[PDB]
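Residue numbering for chain A follows the PDB entry, covering 1-211 in order. When reading the values below, keep in mind they use all heavy atoms of this one structure, side chains included, and skip hydrogens, waters and symmetry mates. First listed ligand is number 1; within each ligand, the first listed atom is number 1.
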Amino acid sequence: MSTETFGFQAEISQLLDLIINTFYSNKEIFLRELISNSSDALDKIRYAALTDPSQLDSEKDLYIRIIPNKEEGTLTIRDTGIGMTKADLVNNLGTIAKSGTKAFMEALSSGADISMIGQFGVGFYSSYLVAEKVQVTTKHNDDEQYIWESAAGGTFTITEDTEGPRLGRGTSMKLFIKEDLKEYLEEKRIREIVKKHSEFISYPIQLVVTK
Ligand SMILES: CCNC(=O)c1noc(-c2cc(C(C)C)c(O)cc2O)c1-c1ccc(CN2CCOCC2)cc1
C-alpha cells in the first residue's frame, strides 16, 4: 500500500499549467477525450482477445460507463479496457506523451485550439480543465491494480491498490470537479455532451442516473 511520489516530465508540467491557468469556453471537450481514450483502450483488448481470448477472462464485457457523484462532486469514467501496468502509468502518460505534449504547445503557439488536444495524444490532461484532482484506477491483466492520482502540481502519485474495489481489467478515472463546474455532473448535460462529441464510437456508453 506504499505510495510512490513521482514528478511530471517538464513538458507535461508546462502543458498542465497551460490547461489550468488559461480560460477556455467549451471545456466540455474533456469528456470527448476521456471517452476516446477509453475507446482506444477497449480497442486494444479486443485486438489482444483476437490473438488470445484468455485476456477477456478478467472481464468479458467491453463498455464505457460514466458514474457522476453529485454528493462527492466527482465524475467517474469506468471502462473495461486493456488497462495499464505500473510501468505503463509512467511510460504511457510520460516519454511517449513528451513528443505530443511539446508538439501541442508548438501548435498552440501557432494559434491552435485547445480542442485539438486529442490529435496530439495528450487528451487526458484536458480533464484538468474541469478537474482540480484526478484519481486514475487501472488494472492490466499482467500487472496489479494501481491508483494514479495527481492535482497537476508537478507531481503525481502511483499507489498499489489493495483496499479499493477490484476492477478485474480496465481503467476507472475519478475526476474531482471544480465547484463552479458541477454542470458536468448533471444528467442532461452529460448526455447532450456525449451525443455531441462521441456520437460515433463503437462501444456502448453508459450513464448511471440516480433518481
Ligand atoms: C498501454 C495499454 N493500455 C492502455 O492504453 C490504457 N488502458 O486504459 C487507458 C485509459 C486511459 C485514460 C487516461 C488516463 C489516459 C482514460 O481516461 C481512460 C482509459 O481507458 C489506457 C490509455 C488509452 C489511450 C492513451 C493515449 N493514447 C492515445 C493517443 O496516443 C497515445 C496513446 C493512453 C492510455
>> I'd love to know the name of the drug at ligand 1.
In response: NVP-AUY922
> Main binding partner of NVP-AUY922 in this structure, as named by the PDB entry?
Replying inline: Hsp90-like protein
